[PDB]
Amino acid sequence: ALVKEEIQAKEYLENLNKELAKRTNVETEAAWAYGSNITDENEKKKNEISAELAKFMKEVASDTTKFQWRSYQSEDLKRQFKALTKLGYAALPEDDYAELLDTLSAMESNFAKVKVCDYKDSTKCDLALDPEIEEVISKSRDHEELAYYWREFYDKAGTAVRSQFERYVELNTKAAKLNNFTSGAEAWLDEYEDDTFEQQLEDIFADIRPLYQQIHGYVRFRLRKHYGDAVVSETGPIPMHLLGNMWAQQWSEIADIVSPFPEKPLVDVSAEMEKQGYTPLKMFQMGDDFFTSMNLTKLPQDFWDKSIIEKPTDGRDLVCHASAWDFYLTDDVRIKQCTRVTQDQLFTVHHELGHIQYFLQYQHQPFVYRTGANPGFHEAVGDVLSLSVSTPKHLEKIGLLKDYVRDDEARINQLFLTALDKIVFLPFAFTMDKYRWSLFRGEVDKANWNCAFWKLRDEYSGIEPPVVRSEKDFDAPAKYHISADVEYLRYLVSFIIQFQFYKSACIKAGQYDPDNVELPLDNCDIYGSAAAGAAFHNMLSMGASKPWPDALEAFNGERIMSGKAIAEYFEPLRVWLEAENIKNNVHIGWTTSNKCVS
Ligand SMILES: *[C@@H]1O[C@H](CO)[C@@H](O[C@@H]2O[C@H](CO)[C@@H](O[C@@H]3O[C@H](CO[C@H]4O[C@H](CO)[C@@H](O)[C@H](O)[C@@H]4O)[C@@H](O)[C@H](O[C@H]4O[C@H](CO[C@@H]5O[C@H](CO)[C@@H](O)[C@H](O)[C@@H]5O)[C@@H](O)[C@H](O)[C@@H]4O)[C@@H]3O)[C@H](O)[C@H]2NC(C)=O)[C@H](O)[C@H]1NC(C)=O
Ligand SMILES: C[C@H](N[C@@H](CCc1ccccc1)C(=O)O)C(=O)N1[C@H](C(=O)O)C[C@H]2CCCC[C@@H]21
Ligand SMILES: *[C@@H]1O[C@H](CO)[C@@H](O)[C@H](O)[C@H]1NC(C)=O
Ligand SMILES: *[C@@H]1O[C@H](CO)[C@@H](O)[C@H](O)[C@H]1NC(C)=O
Ligand SMILES: [Zn+2]
């Protein structure tokens, strides 16, 4: 009967979880070897091991039907069994799965191997995105140079893989349907365990959108003063190559030309980092110190022994796009980052170490629970610390920000600088998955796939390509996550919930009081706070053992994803900016782009 079976099922799950952890270790090692060293041999190795694990998952999913798991008393056992039924791509027939793996490695390796010719020297053709092209996009204020690098990169990283992307969409759809989801959109959304999740995000985005429109309007106004009206129009979408980022996802790199008060300080600690002899090692050691200062877990020896924290100097191809890795044993966690000594990179280091901390916090959990409460939780951890590291308060403590006077004008500069990252990103992140969802769901005909991309970027972000594109081009895969098949909604969720975590951690630390002028949210530093660390420990140690509202509740007693906290952080900016835009008669909104020919 059921009482005896539930006891046996508990024993079954205990052994299977350990077996899954061990088998996944092997897959992860092969994936790591390939990402660190792209060769035909490593690709073959990676894909063959994945195919082996997929075959085993099929056997597992099949075996779950031998247990009456839906009839069990234990919510915990039922949750584990449910996790094991979700095959994802592993549901595909053997040959289809092999084809998908080959398709995915073809796209990611194409992205990783992109090289372009120097704008000034057509003989020198070894410029990679990281660091060469990204350096130009972030630093150059020559609009024709910027336009050149934009076109060269999108042509090579995007258009070149159209046929592979098409087959990937077909196989992704086939896999979703084998799992009885309507499409890959629903398969992705299932990770959030909430059937109203899309509407919730629409509601939150709608609340923040007006602030984005104000930032967009002001930036456009300031760019007109820099480049002239021949380059930037008052009423049209902003030409995206002028925004300091290849994908226009964050605009912090053009802060020096769009800052509210150019005569007052704007935080940019890159020069001081270099002057003080910072290295990638030091940056990671400083991140480690931040976590341990909060009474959280120190980085294990394997991390230091096995991580790659600088771009290799041999001739080899690799994936430089920064990532954090769990090997599902004990204390085997690693980062691979082509680290540079900049302010932006210091935040990236803390982001990636947020993943590592999460891995360490939940490594005692059964295998199926060794992941984030939802994908957004994993992305939020390191960003909460980055918000603190970015404050004038913290940066003065570590001697990177000198002779800084925090008057009302400096505060507006800093809030604006943060918004150029945190608010600007929201419509971007939403469009990445809105686009792919529309393809997965079969809502866009193949003949319209490229202009469907640029239509969303126009509608939500008010940006456009520097040159005319058409259906002869295919631009979406020029973004890493699109070539690498990484869900993006996690980052939209993260940018909302990180402010919920930050606000709460700051209150717990005694660093934020809404009725005290000396403790504003935008200058909170949680460094050294064991109290904030305790909330993190309580939440992160849970892994995916409970639905995410229980994980949020463990942190601050709340159960709802809310835009209240992000709006609260930027409220002083909103008040100032609304008035400043009225003062300067700034045009808000944009006409439909003419940059994608149907
Ligand atoms: C996605 O959705 C799919 C449905 O759209 C779903 O596919 C269905 O899965 C069912 C398995 O759960 C399967 O049901 C079986 O059907 C067999 C006969 O099917 C034939 O005829 C169909 C048309 O009439 C054809 O379409 C098929 O191709 C087949 O030719 C039955 O023989 C079988 O029965 C046995 O199993 C049941 C189940 O027993 C359960 O467990 C315990 C066992 O101890 C029972 O006590 C308990 O009561 C419970 O019922 C037994 O009751 C029975 O005695 C037999 O042993 C079974 O009903 C179905 O065929 C299949 N397709 C369709 C079209 O319905 C996928 O599984 C879903 N995928 C995922 C990942 O969830
Ligand atoms: C650098 C970072 N890299 C990603 C790596 C994600 C990944 C998933 C699966 C296999 C390999 C890599 C991450 O750590 O989440 C990243 O891409 N991004 C995203 C981006 O740069 O597009 C959004 C960024 C928000 C701020 C922190 C960094 C976030
Ligand atoms: C890269 O992989 C090749 C074989 O694919 C191997 O021989 C070589 O040692 C690796 N290179 C480095 C730098 O690890
Ligand atoms: C550090 O964490 C432990 C449990 O992990 C806790 O018991 C202890 O109180 C914390 N240290 C401080 C100073 O609060
Ligand atoms: Zn991340």
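Chain A uses the PDB entry numbers throughout; the residues present, in order, are 17-614. Every number for a ligand or one of its atoms is a count from 1 in the order of the listing. Side chains included, hydrogens not; waters and symmetry mates left out as well; all remaining heavy atoms used.
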Asks: Just wondering, what drug is modeled at ligand 2?
Replies: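 That's trandolaprilat.
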Asks: State which chain has the largest number of heavy-atom pairs within 4.5 Å of trandolaprilat (ligand 2), named as in the PDB entry.
Replies: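 Chief contact partner: angiotensin converting enzyme.
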Asks: Can you list the atoms of trandolaprilat (ligand 2) that are under 4.0 Å from a heavy atom of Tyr504?
Replies: 19 (C), 20 (C), 22 (O), 23 (C)
Asks: For trandolaprilat (ligand 2), note which part of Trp263 has a heavy atom under 4.0 Å away: side chain, backbone, both or neither.
Replies: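 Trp263 to trandolaprilat (ligand 2): no contact under 4.0 Å from either part.
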Asks: Can you figure out which UniProt domain of chain A lines most of the contact region for trandolaprilat (ligand 2)?
Replies: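 Most contacts sit in UniProt domain Peptidase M2.
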Asks: Can you see any other ligand or ion closer than 4.0 Å to trandolaprilat (ligand 2)?
Replies: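 Those are ligand 5 (zinc ion).
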Asks: Do any UniProt Zn(2+)-binding residues in chain A place a non-hydrogen atom less than 4.0 Å from trandolaprilat (ligand 2), and if so, which?
Replies: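 In chain A, UniProt binders with a non-hydrogen atom that close: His367, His371, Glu395.
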Asks: Which trandolaprilat (ligand 2) atoms does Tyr496 reach within 4.0 Å, using its non-hydrogen atoms?
Replies: 11 (C), 12 (C)
Asks: Give the residue and atom name of whichever protein heavy atom lies nearest to atom 26 (C) of trandolaprilat (ligand 2), and the separation in Å to one decimal.
Replies: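 Residue, atom and distance for the closest contact: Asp399 OD2, 3.9 Å.
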Asks: Tell me: protein heavy atom nearest atom 4 (C) of trandolaprilat (ligand 2), and distance?
Replies: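 It is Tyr507 OH, 3.4 Å.
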Asks: Which residues are in the binding site of trandolaprilat (ligand 2), using 4.0 Å as the heavy-atom cut-off?
Replies: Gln265, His337, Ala338, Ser339, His367, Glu368, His371, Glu395, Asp399, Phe441, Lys495, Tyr496, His497, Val502, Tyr504, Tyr507, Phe511
